[PDB]
Amino acid sequence: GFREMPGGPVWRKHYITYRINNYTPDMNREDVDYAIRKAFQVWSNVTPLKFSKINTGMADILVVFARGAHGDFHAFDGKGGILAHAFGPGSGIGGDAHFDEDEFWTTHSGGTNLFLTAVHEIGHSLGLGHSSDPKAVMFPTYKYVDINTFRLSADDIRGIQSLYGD
Ligand SMILES: COc1ccc(S(=O)(=O)N(Cc2cccnc2)[C@@H](C(=O)NO)C(C)C)cc1
Ligand SMILES: [Ca+2]
Ligand SMILES: [Ca+2]
Ligand SMILES: [Ca+2]
Ligand SMILES: [Zn+2]
Ligand SMILES: [Zn+2]
């Protein structure tokens, strides 16, 4: 059972921009770009949404790696516990995705997988809440799965399209 964030916030545009505010030292700069790019694509593939990376200017979605208290009244808790959090569509912090820098970000499973976490986070950026369906990416539980073969569950697609269709 997919859920939509309270209020049902959605982007009213299809051309959405994102920008990587900073890079975690755990991964190689380009692996980070790859992870996020691929994470956005997971959602582009099933909706009329198009995501474009920018390096300067104000992006709709800001991606940032932060530790503890980082200026949004949603403090991280050190390694473990909270992995990341994002905000529903809207201007300002809206759509932004934060990743706890106290976690160890990896391209695979050596620690916390950026890509997978990012897919789940971007789901929030777009207006999706937590799903009760345990096999949905929007399920509140982190669980590493093969990345090279990853695929959105029927629940996720059904939920994301109930907001933007396709
Ligand atoms: C697959 O991607 C994931 C990304 C982050 C997480 S998370 O464990 O950090 N988490 C979910 C959660 C689980 C259990 C209890 N409370 C909260 C945060 C969440 O939902 N972030 O988006 C929550 C504390 C705000 C889990 C999975
Ligand atoms: Ca943490
Ligand atoms: Ca924003
Ligand atoms: Ca780290
Ligand atoms: Zn934050
Ligand atoms: Zn979540």
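When a residue number appears, it is its place in the shown sequence, counting from 1. Indexing begins at 1, ligand by ligand and atom by atom, following the structure's order.
Short version: main partner of ligand 1, named per UniProt, is Macrophage metalloelastase. The drug or drug candidate at ligand 1, out of CGS-27023A, PRT062607, FK-866, is CGS-27023A. The shortest N or O to N or O distance between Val137 and CGS-27023A is not under 3.5 Å. Among protein heavy atoms, atom 9 (O) of CGS-27023A sits closest to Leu83 N, 2.7 Å. Counting only heavy atoms of the protein, atom 2 (O) of CGS-27023A lies nearest to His120 CB, 3.0 Å.
The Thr117 neighbourhood of CGS-27023A comprises atoms 2 (O), 4 (C), with distances under 4.0 Å to a heavy atom of that residue. For the ligand labelled CGS-27023A, residue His130 lies inside the 4.0 Å heavy-atom shell. Using 4.0 Å as the cut-off, the other ligands and ions neighbouring CGS-27023A are ligand 6 (zinc ion). Proximity of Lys143 to CGS-27023A, defined as any heavy-atom pair under 4.0 Å, is not found for any part of the residue. Scanning all protein heavy atoms for the shortest distance to atom 10 (N) of CGS-27023A gives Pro140 O, 4.4 Å. Of the protein's heavy atoms, none falls inside 4.0 Å of atom 17 (C) of CGS-27023A.
Within CGS-27023A, the atoms closer than 4.0 Å to a non-hydrogen atom of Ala84 are 9 (O), 18 (C), 19 (C), 21 (N), 22 (O), numbered from 1 in the order shown.
For CGS-27023A, the atoms lying closer than 4.0 Å to a non-hydrogen atom of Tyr142 are 26 (C), 27 (C).
Where the criterion is an N or O separation shorter than 3.5 Å, residue side chain and backbone included, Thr141 fails it with respect to CGS-27023A. Considering both main-chain and side-chain atoms, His85 never comes within under 3.5 Å of CGS-27023A through any nitrogen or oxygen pair.
Among protein heavy atoms, atom 5 (C) of CGS-27023A sits closest to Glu121 OE2, 3.7 Å. Counting protein heavy atoms only, atom 24 (C) of CGS-27023A is closest to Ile82 CG1, 3.7 Å. Restricting to residues UniProt lists as binding Zn(2+) in chain A, the heavy-atom distances under 4.0 Å from CGS-27023A involve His120, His124, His130. In this structure, atom 20 (O) of CGS-27023A has a protein heavy-atom contact shorter than 4.0 Å. Per UniProt, the active-site residue of chain A closest to CGS-27023A (non-hydrogen atoms, rounded to 1 Å) is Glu121, 2 Å.
Within 4.0 Å of CGS-27023A, judged by non-hydrogen atoms, the site holds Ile82, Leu83, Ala84, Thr117, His120, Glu121, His124, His130, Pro140, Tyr142.
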